[PDB]
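Working notes, structure below.
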Number of protein chains: 2
Amino acid sequence: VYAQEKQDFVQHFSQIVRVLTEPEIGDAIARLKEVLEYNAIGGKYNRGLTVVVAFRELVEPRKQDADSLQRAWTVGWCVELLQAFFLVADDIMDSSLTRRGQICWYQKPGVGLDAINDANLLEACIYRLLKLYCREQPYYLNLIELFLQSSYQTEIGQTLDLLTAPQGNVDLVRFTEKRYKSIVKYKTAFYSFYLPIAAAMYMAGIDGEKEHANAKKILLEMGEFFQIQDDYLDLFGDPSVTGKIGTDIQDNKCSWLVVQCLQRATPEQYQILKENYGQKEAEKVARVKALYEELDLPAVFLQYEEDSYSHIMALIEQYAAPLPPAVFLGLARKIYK
Amino acid sequence: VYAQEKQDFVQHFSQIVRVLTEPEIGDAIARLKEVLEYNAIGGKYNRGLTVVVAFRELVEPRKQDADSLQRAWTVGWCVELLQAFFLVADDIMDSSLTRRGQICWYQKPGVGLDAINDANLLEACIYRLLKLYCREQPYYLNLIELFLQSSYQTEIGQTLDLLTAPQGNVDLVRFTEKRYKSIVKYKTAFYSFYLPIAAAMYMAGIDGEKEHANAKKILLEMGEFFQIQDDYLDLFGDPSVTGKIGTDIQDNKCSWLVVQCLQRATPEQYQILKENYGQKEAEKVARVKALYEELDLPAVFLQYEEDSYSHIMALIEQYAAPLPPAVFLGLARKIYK
Ligand SMILES: O=P(O)(O)C(O)(Cc1cnc2ccccn12)P(=O)(O)O
Ligand SMILES: O=P(O)(O)C(O)(Cc1cnc2ccccn12)P(=O)(O)O
Ligand SMILES: [Mg+2]
Ligand SMILES: [Mg+2]
Ligand SMILES: [Mg+2]
Ligand SMILES: [Mg+2]
Ligand SMILES: [Mg+2]
Ligand SMILES: [Mg+2]
């Protein structure tokens, strides 16, 4: 229901790029186009697609005219651009090497820290598109405020991520479950699943407070799992599938893995972790990975995935209504594949 | 009329910081407070003050109640935060050393490229304040759109700045007057003088298109001069007054000085510039400065300042009405001091 809506979502990028790219600022426009083409393309588009899919499912098909549907694709593309803005900056700050199957933008010869302003431009495009396509709609300001507030929450999460993961500075006692859950709520949960569903809600005239809170209850939990998965895949994923080289151990991250490791470790295993975590030497990173395997963390992850799936399902049963459960079911099929 | 309104503008920062700083995200809130205190303080506050001053001058004193005035200080503080967000990022990208009399935030031990997310947070605070204080006002959306569009224009200017000034890559023929004027229009003119005056207009219910275009005609020119001055002061200013070490020559910038140099230089002077521009060696930078002095660029700047002042004055006579000319006069007194 996604799979049979992509290529058309993806096909529309060319039109997104064309309107954003319409004499003195020509060189700047040409660089924006480069930035958009390198950084908003090559991922799974599940976040932008979710706006489109949910919009079809929430709006009476008789309001689903040609212009309404165009606004849906645009707002979905807005969500993709929000992602792109954050990832460009996140790769700089995480010292990452590849993303989406190619070198990180900032690693490109001749880009480097210019990418900071490139990221800002991507953000700015969100609001340019919103004005261009949605300014006359009753939900215009709901959407603006949703994107801005989603960004604020994400940056507060990015702040906790980076605080709790200081370079050169082991301190494993920081890395707790309570801490972990807060980081990922803010850095991932809001802008990943709440944002795109909430956007389609607003566009559908569903603006109730209580209805947004109920959608949250499900979507924030989905987002938590998705970040736990992302952390597991950072060490245990195949870079040719994920499209990126993992950095969590060297970056001293409060990864779900290091939290689960800490819950399990013998005092002697503690010392091996502390001696080897947070450092750039492949040797030391390999030692951490072998401790994690010693501790059967891959099996612990597979069990958590099953229990989290059942949990999200429980939550859909409690909280979906009066929204079509398919809204939440489609999404959950996509993330727990 | 500024001078006798500062300390009260400045005094209000403590309240700005307090509301933005009101359990899981505590560490992140504490870091936001640090960021705000380091980066939004220690400048001249002329941009934020202009919102306050212009608001008093445009709004009938009987609408100027306690809440209206509080909104004015807040929106002025919004303009200061926009500045702060841009400068934090600009210092990274310009490889700068000091700002406002202290080391650049990103140069702080233990900050570094975390400052990218700190800058984003500063941006986000703009819109948090707008919601907190202005959400019920008829000009709420005018203001949001003004700040967002001001940011977009500034980032397009930052894009031209950085394109035209590539590291390691002399090409002096890029550095033209036409090019220069476009860079500075976008990177400085909009968010420096148009923004704060326009904000006070909107808050005063002055939302006419034509009235905003007329205010622009004056304010965009003021902003151009202000950037020409900034460039002159980069090489010829006293760092204990400006509060910052200059980087333009080493950063290979399309500075007004290098443009004026190029207009004047003997073919042999051309080669000295080309041989020495855009490089980190103090020796080579000193050679550029001595060419500029050879060419009497300080005298050329002083003459341009006088002619630009007379021009802006001409423009105030043409375009101020029906706004109080004092709006524009106060500002011009402050910048051509
Ligand atoms: O690098 P990835 O792709 O593994 C990563 O997942 C990227 C990520 C997660 N949440 C955010 C929020 C803002 C910017 C990037 N974000 P992580 O959090 O692990 O850096
Ligand atoms: O570093 P300064 O203070 O000399 C500088 O004037 C800073 C500056 C001017 N215009 C902008 C726009 C966005 C961010 C910074 N901006 P410059 O343009 O010369 O970098
Ligand atoms: Mg990260
Ligand atoms: Mg990352
Ligand atoms: Mg990751
Ligand atoms: Mg600059
Ligand atoms: Mg600079
Ligand atoms: Mg400068």
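A, B, C, ... go to the sequence lines in the order they are written. The numbers used for chain A are those of the PDB entry, and the residues that appear cover 9-30, 36-350, in sequence. All residue numbers given for chain B refer to the PDB entry; the residues shown span 9-30, 36-350 in order. Whatever order the structure lists them in is the order used to number ligands and atoms, beginning at 1. Determined by X-ray crystallography, 2.1 Å, according to the entry header.
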For this session: Tell me the name of the drug molecule at ligand 1.
Result: minodronate
Exercise. By the naming in the PDB entry, what macromolecule does minodronate (ligand 1) touch most in this deposit?
Worked result: farnesyl pyrophosphate synthetase
For this session: Tell me which other chains have a heavy atom under 4.0 Å from minodronate (ligand 1).
Result: A
Exercise. Which chain residues come within 4.0 Å of minodronate (ligand 1), judged by heavy atoms?
Worked result: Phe99(A), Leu100(A), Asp103(A), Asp107(A), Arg112(A), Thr167(A), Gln171(A), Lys200(A), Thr201(A), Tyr204(A), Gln240(A), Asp243(A), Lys257(A)
For this session: Give yes or no for whether the N/O distance cutoff of 3.5 Å, strictly under, is met between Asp247(A) and minodronate (ligand 1).
Result: no
Exercise. How far is atom 18 (O) of minodronate (ligand 1) from its nearest protein heavy atom, and which residue and atom name does that atom have?
Worked result: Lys200(A) NZ, 2.5 Å
For this session: Could you tell me whether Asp174(A) and minodronate (ligand 1) have an N or O pair separated by under 3.5 Å?
Result: no
Problem set entry | Numbering as shown, the atoms of minodronate (ligand 1) that approach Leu100(A) to under 4.0 Å (heavy-atom distance) | 7 (C), 15 (C)
Exercise. What atoms of minodronate (ligand 1) come closer than 4.0 angstrom to any heavy atom of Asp103(A)?
Worked result: 1 (O), 7 (C), 14 (C), 15 (C), 20 (O)
Exercise. Using 4.0 Å as the heavy-atom cut-off, which UniProt Mg(2+)-binding residues of chain A are near minodronate (ligand 1)?
Worked result: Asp103(A), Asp107(A)
Exercise. Of all the atoms in minodronate (ligand 1), which lie at a distance below 4.0 Å from a heavy atom belonging to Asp243(A)?
Worked result: 2 (P), 4 (O), 5 (C), 6 (O), 19 (O)
Exercise. Which residues that bind dimethylallyl diphosphate according to UniProt in chain A have at least one heavy atom within 4.0 Å of minodronate (ligand 1)?
Worked result: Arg112(A), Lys200(A), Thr201(A), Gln240(A), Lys257(A)
Problem set entry | Ligand-side contact atoms (minodronate (ligand 1)) for residue partner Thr167(A), heavy atom cut-off under 4.0 Å | 12 (C), 13 (C)
Exercise. What atoms of minodronate (ligand 1) come closer than 4.0 angstrom to any heavy atom of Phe99(A)?
Worked result: 13 (C), 14 (C)
Exercise. Looking at the neighbours of minodronate (ligand 1), which other ligands or ions sit under 4.0 Å away?
Worked result: ligand 3 (magnesium ion), ligand 4 (magnesium ion), ligand 5 (magnesium ion)
Exercise. Considering only heavy atoms of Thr201(A), which atoms of minodronate (ligand 1) have at least one such atom less than 4.0 Å away?
Worked result: 9 (C), 10 (N)
Exercise. Do minodronate (ligand 1) and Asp104(A) have nitrogen or oxygen atoms that lie under 3.5 Å from each other?
Worked result: no
Exercise. How close does the nearest protein non-hydrogen atom get to atom 8 (C) of minodronate (ligand 1), and which residue and atom is it?
Worked result: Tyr204(A) OH, 3.9 Å
